[PDB]
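Below is 25S with paromomycin bound.
Chain A is the first sequence line, chain B the second, and so forth, proteins listed ahead of strands; every chain is numbered from 1. Excerpt of entry shown; contacts counted in excerpt. Remember, it's 1-based here, ligands and their atoms both numbered in the order they're listed.
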Amino acid sequence: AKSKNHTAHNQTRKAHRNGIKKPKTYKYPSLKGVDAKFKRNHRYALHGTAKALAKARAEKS
Amino acid sequence: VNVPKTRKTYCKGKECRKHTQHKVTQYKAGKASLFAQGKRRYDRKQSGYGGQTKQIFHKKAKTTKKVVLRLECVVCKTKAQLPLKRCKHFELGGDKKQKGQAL
Amino acid sequence: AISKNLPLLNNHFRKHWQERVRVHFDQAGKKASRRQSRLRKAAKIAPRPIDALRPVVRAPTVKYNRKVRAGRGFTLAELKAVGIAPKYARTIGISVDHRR
Amino acid sequence: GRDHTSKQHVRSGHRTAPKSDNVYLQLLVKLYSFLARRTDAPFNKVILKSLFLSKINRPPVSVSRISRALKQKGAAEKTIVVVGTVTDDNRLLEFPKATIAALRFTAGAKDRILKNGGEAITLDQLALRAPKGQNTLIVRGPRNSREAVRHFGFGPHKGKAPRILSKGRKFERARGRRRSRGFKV
Amino acid sequence: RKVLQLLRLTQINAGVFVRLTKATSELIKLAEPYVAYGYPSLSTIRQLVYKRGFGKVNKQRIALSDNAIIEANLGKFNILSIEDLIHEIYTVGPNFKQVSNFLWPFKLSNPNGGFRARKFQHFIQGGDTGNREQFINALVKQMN
Amino acid sequence: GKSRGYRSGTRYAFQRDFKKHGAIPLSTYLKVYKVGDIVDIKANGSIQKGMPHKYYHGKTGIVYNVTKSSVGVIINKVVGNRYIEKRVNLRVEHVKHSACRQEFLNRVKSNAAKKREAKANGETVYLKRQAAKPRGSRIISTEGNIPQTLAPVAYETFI
RNA sequence: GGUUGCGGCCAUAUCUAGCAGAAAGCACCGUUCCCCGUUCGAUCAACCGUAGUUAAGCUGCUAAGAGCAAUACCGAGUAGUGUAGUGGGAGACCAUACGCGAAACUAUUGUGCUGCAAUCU
RNA sequence: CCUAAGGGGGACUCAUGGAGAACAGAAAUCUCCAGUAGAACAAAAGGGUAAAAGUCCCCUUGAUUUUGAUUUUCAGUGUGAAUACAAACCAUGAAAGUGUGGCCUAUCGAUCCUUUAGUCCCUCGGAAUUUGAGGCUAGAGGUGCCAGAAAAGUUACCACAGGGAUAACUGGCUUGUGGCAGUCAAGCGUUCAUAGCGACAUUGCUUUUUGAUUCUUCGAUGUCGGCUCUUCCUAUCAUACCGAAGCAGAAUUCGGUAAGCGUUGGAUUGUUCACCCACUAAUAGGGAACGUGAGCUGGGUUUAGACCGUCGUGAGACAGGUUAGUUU
RNA sequence: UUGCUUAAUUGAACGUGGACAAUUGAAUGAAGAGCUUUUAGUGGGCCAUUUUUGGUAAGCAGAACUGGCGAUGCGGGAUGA
RNA sequence: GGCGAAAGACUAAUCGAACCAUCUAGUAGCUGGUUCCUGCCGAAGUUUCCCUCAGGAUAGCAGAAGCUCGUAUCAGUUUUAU
RNA sequence: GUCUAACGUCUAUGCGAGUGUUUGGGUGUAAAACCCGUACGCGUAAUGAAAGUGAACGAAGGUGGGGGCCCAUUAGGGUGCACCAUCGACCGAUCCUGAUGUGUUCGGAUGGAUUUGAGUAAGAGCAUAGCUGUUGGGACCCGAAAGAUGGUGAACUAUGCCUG
Ligand SMILES: CC(=O)O[C@@H]1[C@@H](O)[C@H](O[C@H]2[C@H](OC(=O)[C@H]3CC[C@@H]4[C@H](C3)O[C@@]3(C[C@H](OC(=O)/C=C/c5ccccc5)[C@H](C)CO3)[C@]43CO3)O[C@H](C)[C@@H](O)[C@@H]2OC(C)=O)O[C@H](C)[C@H]1O
Ligand SMILES: NC[C@@H]1O[C@H](O[C@H]2[C@@H](O)[C@H](O[C@@H]3[C@@H](O)[C@H](N)C[C@H](N)[C@H]3O[C@H]3O[C@H](CO)[C@@H](O)[C@H](O)[C@H]3N)O[C@@H]2CO)[C@H](N)[C@@H](O)[C@@H]1O
Ligand SMILES: NC[C@@H]1O[C@H](O[C@H]2[C@@H](O)[C@H](O[C@@H]3[C@@H](O)[C@H](N)C[C@H](N)[C@H]3O[C@H]3O[C@H](CO)[C@@H](O)[C@H](O)[C@H]3N)O[C@@H]2CO)[C@H](N)[C@@H](O)[C@@H]1O
Ligand SMILES: NC[C@@H]1O[C@H](O[C@H]2[C@@H](O)[C@H](O[C@@H]3[C@@H](O)[C@H](N)C[C@H](N)[C@H]3O[C@H]3O[C@H](CO)[C@@H](O)[C@H](O)[C@H]3N)O[C@@H]2CO)[C@H](N)[C@@H](O)[C@@H]1O
Ligand SMILES: NC[C@@H]1O[C@H](O[C@H]2[C@@H](O)[C@H](O[C@@H]3[C@@H](O)[C@H](N)C[C@H](N)[C@H]3O[C@H]3O[C@H](CO)[C@@H](O)[C@H](O)[C@H]3N)O[C@@H]2CO)[C@H](N)[C@@H](O)[C@@H]1O
Ligand SMILES: NC[C@@H]1O[C@H](O[C@H]2[C@@H](O)[C@H](O[C@@H]3[C@@H](O)[C@H](N)C[C@H](N)[C@H]3O[C@H]3O[C@H](CO)[C@@H](O)[C@H](O)[C@H]3N)O[C@@H]2CO)[C@H](N)[C@@H](O)[C@@H]1O
Ligand SMILES: NC[C@@H]1O[C@H](O[C@H]2[C@@H](O)[C@H](O[C@@H]3[C@@H](O)[C@H](N)C[C@H](N)[C@H]3O[C@H]3O[C@H](CO)[C@@H](O)[C@H](O)[C@H]3N)O[C@@H]2CO)[C@H](N)[C@@H](O)[C@@H]1O
Ligand SMILES: [Mg+2]
Ligand SMILES: [Mg+2]
Ligand SMILES: [Mg+2]
Ligand SMILES: [Mg+2]
Ligand SMILES: [Mg+2]
Ligand SMILES: [Mg+2]
Ligand SMILES: [Mg+2]
Ligand SMILES: [Mg+2]
Ligand SMILES: [Mg+2]
Ligand SMILES: [Mg+2]
Ligand SMILES: [Mg+2]
Ligand SMILES: [Mg+2]
Ligand SMILES: [Mg+2]
Ligand SMILES: [Mg+2]
Ligand SMILES: [Mg+2]
Ligand SMILES: [Mg+2]
Ligand SMILES: [Mg+2]
Ligand SMILES: [Mg+2]
Ligand SMILES: [Mg+2]
Ligand SMILES: [Mg+2]
Ligand SMILES: [Mg+2]
Ligand SMILES: [Mg+2]
Ligand SMILES: [Mg+2]
Ligand SMILES: [Mg+2]
Ligand SMILES: [Mg+2]
Ligand SMILES: [Mg+2]
Ligand SMILES: [Mg+2]
Ligand SMILES: [Mg+2]
Ligand SMILES: [Mg+2]
Ligand SMILES: [Mg+2]
Ligand SMILES: [Mg+2]
Ligand SMILES: [Mg+2]
Ligand SMILES: [Mg+2]
Ligand SMILES: [Mg+2]
Ligand SMILES: [Mg+2]
Ligand SMILES: [Mg+2]
Ligand SMILES: [Mg+2]
Ligand SMILES: [Mg+2]
Ligand SMILES: [Mg+2]
Ligand SMILES: [Mg+2]
Ligand SMILES: [Mg+2]
Ligand SMILES: [Mg+2]
Ligand SMILES: [Mg+2]
Ligand SMILES: [Mg+2]
Ligand SMILES: [Mg+2]
Ligand SMILES: [Mg+2]
Ligand SMILES: [Mg+2]
Ligand SMILES: [Mg+2]
Ligand SMILES: [Mg+2]
Ligand SMILES: [Mg+2]
Ligand SMILES: [Mg+2]
Ligand SMILES: [Mg+2]
Ligand SMILES: [Mg+2]
Ligand SMILES: [Mg+2]
Ligand SMILES: [Mg+2]
Ligand SMILES: [Mg+2]
Ligand SMILES: [Mg+2]
Ligand SMILES: [Mg+2]
Ligand SMILES: [Mg+2]
Ligand SMILES: [Mg+2]
Ligand SMILES: [Mg+2]
Ligand SMILES: [Mg+2]
Ligand SMILES: [Mg+2]
Ligand SMILES: [Mg+2]
Ligand SMILES: [Mg+2]
Ligand SMILES: [Mg+2]
Ligand SMILES: [Mg+2]
Ligand SMILES: [Mg+2]
Ligand SMILES: [Mg+2]
Ligand SMILES: [Mg+2]
Ligand SMILES: [Mg+2]
Ligand SMILES: [Mg+2]
Ligand SMILES: [Mg+2]
Ligand SMILES: [Mg+2]
Ligand SMILES: [Mg+2]
Ligand SMILES: [Mg+2]
Ligand SMILES: [Mg+2]
Ligand SMILES: [Mg+2]
Ligand SMILES: [Mg+2]
Ligand SMILES: [Mg+2]
Ligand SMILES: [Mg+2]
Ligand SMILES: [Mg+2]
Ligand SMILES: [Mg+2]
Ligand SMILES: [Mg+2]
Ligand SMILES: [Mg+2]
Ligand SMILES: [Mg+2]
Ligand SMILES: [Mg+2]
Ligand SMILES: [Mg+2]
Ligand SMILES: [Mg+2]
Ligand SMILES: [Mg+2]
Ligand SMILES: [Mg+2]
Ligand SMILES: [Mg+2]
Ligand SMILES: [Mg+2]
Ligand SMILES: [Mg+2]
Ligand SMILES: [Zn+2]
């Protein structure tokens, strides 16, 4: 038998018809893998932060 | 490979929840029961005519086995299992190495 | 044989299934003949009703307890309570169930 | 010859007409083809486009969502526009008096809107009392609650629903979903 | 190929105006084996814009047959006439980018009198590609 | 037999610089990395824990996680026809702040100071950067510099 | 400015051979009951600051010094290299065109700078 | 492969050289100086390492527990391996710290079944108790063709689907090999490089060798040799005319123009090739699908029968010998 | 704001409020950008320049980038993927 | 199965397992073929796994349907900084 | 390259938290058309091996965008469905804690956890049809060498016998 083993010919053509596209960026990236101790605490700081801001607006209504 | 007959590792028993001293023994596979469902099914399948019904392994390649240590806690008698790497030789509580001695 | 993201099917068509295909072309014809037989039975035995009186019984199982449906026959105690003998009751259009 | 920087002869990829041959749905687009062509009001261009959408692109709008949409600040008398069917919600404890313009109303929805003092009008009746869509509020149904979307983008560690006909412990639960049976993805 | 596409040179005998910076110069260096370029005279610019000048209006190639088209598309850049556009191109003005991109790429014919015997070699070595500098005016006269 | 191990082909990439082997100067351990910082990755062959893979040697990215002795960096790696976000855990010995931030943050401050001063002066200033433009006209004086005429030299053998 | 303690960059700071070094500091230096460690109070441990010394350490200077660092009408726009031709040459290879452009070599110059605290002729 | 060759701490500095010390010498042990690593770190090699990662000493078990994230191979599936944290429990050190196996890059294994450990928890479905069995979580027993069937031969009695994706002829590229020829000229040639030769080198040509390759042909191009017959090439054996000689004659040898013209009869062998006998002016070498089988012949090779030797337990094998085997 | 961190009133992350207005911070281009579902054929390749490995070499075998032929006619190279 | 003074010979021109009918339209990763027109778009011989090497699955390349929006912010390119 | 059973995507249609008359019953101008309803299927709850448990802190949450609509007066503000990114809350499983109590071994309140589910978070489905795609079927059409079951042959021929 015996055939072609390997070639990257035509592979950059195929990647550039519709790809080699940069991913979109968002204001909030996903926090997967950030330290758990900080992430647990970041929950309490934000919930408490929301409490303070909620009261400031409830006064101003 | 030389492993001491005692070891201080974590004990998962709820009474202990800590490092205790553990007696080290080599794990031994138990005798195969005749009433395990797979043996019950296997005996029924082999019965009658048809010959051998389940495959028989032949193409052995490994030359060792994984040695398993049975760690029994002296406080609560909870057993633990630890697999070791593949060793052709293994002793439990052998003579410890003496470095510096002559031949 | 396996391709794409599809559910795996269980299509039991590995026997000689085509020798055992019952197509109900005679649904309307059998309906009509059943109606004619039923009319025939009624004209045969009029004015006695074609249906025996059936009891009312609780459905078995925890799923159909709430429902109640027509049984097979009135029990011997029930017929005793209305003073009808089972042998006589079967002759006046009443169904009997010795089992219930 | 040309070195094309883009694909040649490409259709727009948007519906320019309803796929439906319902003669009465095309009469409404004829009204809003005229309105989108001539009023400069952005509301009318959205309605003409929305009349082309397919059934899965016009999810049913419950009357509870309109109730929640009417509970926005300063929205109690806005006119609700639903290009599709407005369905009933028997989980509501109460419904306000409201004017709702929709393609279709279910019997519970129409009864409940009118029972609570509201109006259930069609989109042509809307185009006369609001030819520029003044003081309106368009409500769209949930697009991603559909069952087919559960299986979209399925793969390892993707968390989507397998396409499967039966459900139970014997159906695609052993090897690849459990560390005691090999791996988990 | 990408460089020529970014210069809006996507056919043979297509012409474009480039303001010389360093970025655009290195661009032209990349396209050098495939282009003939040079320094255009004022009359060459006028002849190009008058005969083959077209504007890109709502993605359409429209002849510059009246100053109102130019005003309606470049009045925010103080271009009210074909001569304002020619002046803005020749003495490269503060709004050269907008004025040259509004201009559809010029579609010239083949030269009346032909090219050299073999085009695709530098103008210095007897070919046609590369920088010919003032003889681009003679070439545009041949091709426009 | 093909060999494609983790550190294959890193004979020269993971080497220390010539006459720069040994202990790490402690400014490497005194630098402070915050989430959002841009850092270059360059593997230290002498620290084997937390080493980046050879792909990330020479790549630049953003810190997303800060741990006891390491930082997490987001790299976009090309896989076929798109980019994939790679999240690499790196000890700080293999990490350095990217110097491209401080120039751009300096261009922002300079733009702000001149703009507020033209506003103070009631004038305008133009802040967009420009590529180098062709040089203007000029006059060459020949006092002490009369042109010297050169000619091509004949061929010689110097062996 | 010197000196000590802790340092940053880690030879412009290293190496070799000479010479010099006020004040203070550092150092060598004296002793072995105690804590401590050694075959050995040599190292390490403790005590005295008392008996002595800048001999050494250290610091500075000297050397067509070795090494190191920097610079360049040094070499050299050389080697190499991206791009081009229906260029040369049987070929090996070479020239030209639009660009980028070394290393060795040579010459010259230099031989630590500095942060915190304390201290001194 | 390793209870240390793992983990922590501490102390020391390795290869080698010089100069010295009873037996003692090139190598025993001791001392000083020098010593950027020229050593050692299990095992291949690379990287890494000097108040250490190396050598020695002390203490230990982090080679432990729960599961998540990530990197490499990647489909961004699995496996292996690794990285950084979270929550425990520990080791070590005065401490800061470090430790989730081996300084880093290789050292390994699914479903089904069994076995052990854990939780002592769920089920055995009319209700209980106790055995037994079945479940949930983690290991082990293994697939080395290592993403993982349960597996010996022969066919010359043979069959089928195909394949010029692939061998055995010709043909095509190449020309190592084979064959033929040059240039330089150290030597040979009584003297004398070149009458005739010519080493060490070096440039070529040819396709009458064998290799190398697998482009054409496997819905078939009849595969050896001989016989017959025609033609072509020249690198010329003879014959014609000539030049050269270490050409006195005779003979011979080298060379030019030259393929016009000829180049045989036999023993043995299927032979091509070979080797003899003999004639001859000479008995040159080749091509034309290794010319030439609807031209022949069919001796060889290569179906089926059969014998022997060697091999095989055997069926059978032999590119070994032998005999008989339809040429449309 | 916090249950994380600092000797701390120190920091970390996420925030309230305020200031910096179209030269909102290089060039060139952009028949616009982003997103989703579903499915075909294919999974023998070959060639040219250049880099390049084995081989004396091959119209030989094997890789790298690009462009091509395959899948493509047309003018030229007589003829020729 | 027969029969064989043995050739795997003969057993109705059929023999290293006769003939007839059925199971049977046996299976085939291998051959061959596969029927009207025009218009637009338009490939792959590459990745990974497979008793995988003439085959599949998988990703890629391609078409179709669109959907959310309307210059938002993208690029097989340059410049500058690093 | 067909038909069928069961399916994936898209589209049209009816109704819509429901939906599907046709198994069947009624009826008929009689396989049609017209009508009926109990059940049942799918959907409206998930999760765990199972015993079992079982979806609102809040205007059914917050942040950055977001068409449309509203107030404006370049600009700006308000309201922001669908949808995108992100951080939370709720239900099931797993692990930790373990209140009053108790058939003293049961019970599980409360508070937690880089864990986990094909879930909730003001329903979206059901049904019919069409193209295309999937699987089983002879399965695009034609094609083996073979395997099995039941039968017919010694008029040829092989061998025995009998009579010539
Ligand atoms: C005599 C002999 O050598 O043959 C034995 C056979 O007797 C044995 O049969 C056992 C039989 O095996 C099986 O039925 C299969 C089960 C799993 C498959 C295979 C055999 O075992 C595997 C292979 C491999 O491990 C082994 O190989 C198992 C060895 C074993 C030995 C005794 C009991 C159980 C297992 C994987 C680890 C998983 O388990 C598995 C995937 O291939 O199971 C019954 C319960 C036993 O009675 C029965 O053992 C006896 C006494 O006869 O199976 C082994 C594989 C054979 O080697
Ligand atoms: N362990 C041996 C096996 O146990 C059998 O009997 C056992 C069973 O009846 C029961 O075993 C249960 C079993 O039902 C269930 N399916 C699995 C569960 N892990 C077992 O549990 C058992 O094994 C675990 C493992 O170490 C032990 O910790 C535990 O004490 C023991 N009860 O408990 C018994 C052991 O205590 C037979 N005694 C013996 O023949 C068989 O080989
Ligand atoms: N002249 C060389 C070449 O010869 C070839 O033809 C064949 C012959 O030359 C030679 O074949 C030989 C044969 O001569 C000889 N007498 C018997 C041998 N069995 C044949 O083949 C042998 O050689 C070939 C080639 O390496 C290989 O297949 C193998 O080694 C062997 N079978 O090798 C070729 C293939 O077998 C080409 N057809 C030709 O075009 C080319 O010129
Ligand atoms: N024909 C070509 C030549 O003839 C040659 O022929 C040879 C002889 O026949 C001849 O010799 C002479 C000849 O020159 C002369 N003109 C005639 C004379 N009869 C010959 O004589 C010769 O033949 C006779 C008769 O048979 C003999 O008896 C005598 O021995 C022999 N020398 O000269 C040659 C000397 O041997 C040779 N055969 C050979 O060189 C070559 O074949
Ligand atoms: N002085 C100019 C030079 O530009 C060079 O590179 C410049 C370009 O040539 C280069 O562009 C490359 C391009 O060549 C390559 N083929 C594709 C790659 N995506 C581009 O990369 C660039 O663009 C991407 C986004 O597209 C950005 O991440 C980033 O700006 C840059 N890496 O990146 C730079 C543009 O940003 C080098 N950076 C450096 O030698 C030098 O700065
Ligand atoms: N050695 C420094 C490294 O070089 C980088 O970039 C250098 C080269 O990589 C870069 O080369 C670019 C090339 O990337 C790009 N793809 C094509 C461009 N023509 C080349 O640029 C070249 O030509 C331009 C003018 O055309 C010159 O300015 C430049 O010096 C020259 N190298 O030009 C730079 C010359 O120094 C960065 N300058 C620097 O930050 C980095 O550390
Ligand atoms: N009741 C089970 C079966 O349902 C079949 O019918 C099913 C199909 O006709 C129909 O299929 C629909 C499909 O049309 C629609 N576009 C999407 C929907 N997911 C499918 O439903 C599917 O999923 C449901 C479970 O959710 C399964 O029970 C059903 O078998 C399966 N076809 O939905 C019905 C729901 O069951 C048949 N009547 C019969 O085979 C059997 O009764
Ligand atoms: Mg292949
Ligand atoms: Mg291979
Ligand atoms: Mg039995
Ligand atoms: Mg038996
Ligand atoms: Mg049986
Ligand atoms: Mg059996
Ligand atoms: Mg077995
Ligand atoms: Mg066996
Ligand atoms: Mg055209
Ligand atoms: Mg919901
Ligand atoms: Mg997850
Ligand atoms: Mg099943
Ligand atoms: Mg695991
Ligand atoms: Mg003319
Ligand atoms: Mg490690
Ligand atoms: Mg070690
Ligand atoms: Mg150790
Ligand atoms: Mg140490
Ligand atoms: Mg050395
Ligand atoms: Mg040496
Ligand atoms: Mg997580
Ligand atoms: Mg992965
Ligand atoms: Mg992995
Ligand atoms: Mg590996
Ligand atoms: Mg590990
Ligand atoms: Mg600690
Ligand atoms: Mg730890
Ligand atoms: Mg582990
Ligand atoms: Mg392995
Ligand atoms: Mg295993
Ligand atoms: Mg199991
Ligand atoms: Mg076992
Ligand atoms: Mg089991
Ligand atoms: Mg029971
Ligand atoms: Mg029990
Ligand atoms: Mg092996
Ligand atoms: Mg395999
Ligand atoms: Mg494999
Ligand atoms: Mg054979
Ligand atoms: Mg025969
Ligand atoms: Mg071939
Ligand atoms: Mg040769
Ligand atoms: Mg020679
Ligand atoms: Mg001589
Ligand atoms: Mg061949
Ligand atoms: Mg043929
Ligand atoms: Mg023929
Ligand atoms: Mg022929
Ligand atoms: Mg001749
Ligand atoms: Mg002659
Ligand atoms: Mg002739
Ligand atoms: Mg003869
Ligand atoms: Mg003869
Ligand atoms: Mg030949
Ligand atoms: Mg022949
Ligand atoms: Mg012939
Ligand atoms: Mg013949
Ligand atoms: Mg012949
Ligand atoms: Mg004839
Ligand atoms: Mg023959
Ligand atoms: Mg013969
Ligand atoms: Mg013979
Ligand atoms: Mg024979
Ligand atoms: Mg033989
Ligand atoms: Mg004969
Ligand atoms: Mg496919
Ligand atoms: Mg495929
Ligand atoms: Mg091929
Ligand atoms: Mg193929
Ligand atoms: Mg093809
Ligand atoms: Mg072409
Ligand atoms: Mg032509
Ligand atoms: Mg030619
Ligand atoms: Mg018999
Ligand atoms: Mg035979
Ligand atoms: Mg016969
Ligand atoms: Mg057939
Ligand atoms: Mg096209
Ligand atoms: Mg396999
Ligand atoms: Mg193969
Ligand atoms: Mg195949
Ligand atoms: Mg084929
Ligand atoms: Mg229902
Ligand atoms: Mg639901
Ligand atoms: Mg709470
Ligand atoms: Mg939860
Ligand atoms: Mg868990
Ligand atoms: Mg309890
Ligand atoms: Mg949670
Ligand atoms: Mg068929
Ligand atoms: Mg058959
Ligand atoms: Mg069989
Ligand atoms: Mg039979
Ligand atoms: Mg007879
Ligand atoms: Zn214990």
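Mapped onto the model, all copies of paromomycin cover ligands 2, 3, 4, 5, 6 and 7. Chains with a heavy atom under 4.0 Å from paromomycin (ligand 3): H. The heavy-atom binding site of paromomycin (ligand 3) at 4.0 Å consists of H:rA168, H:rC169, H:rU170, H:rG171, H:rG172, H:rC173, H:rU174, H:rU210, H:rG211, H:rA212, H:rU213, H:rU214.
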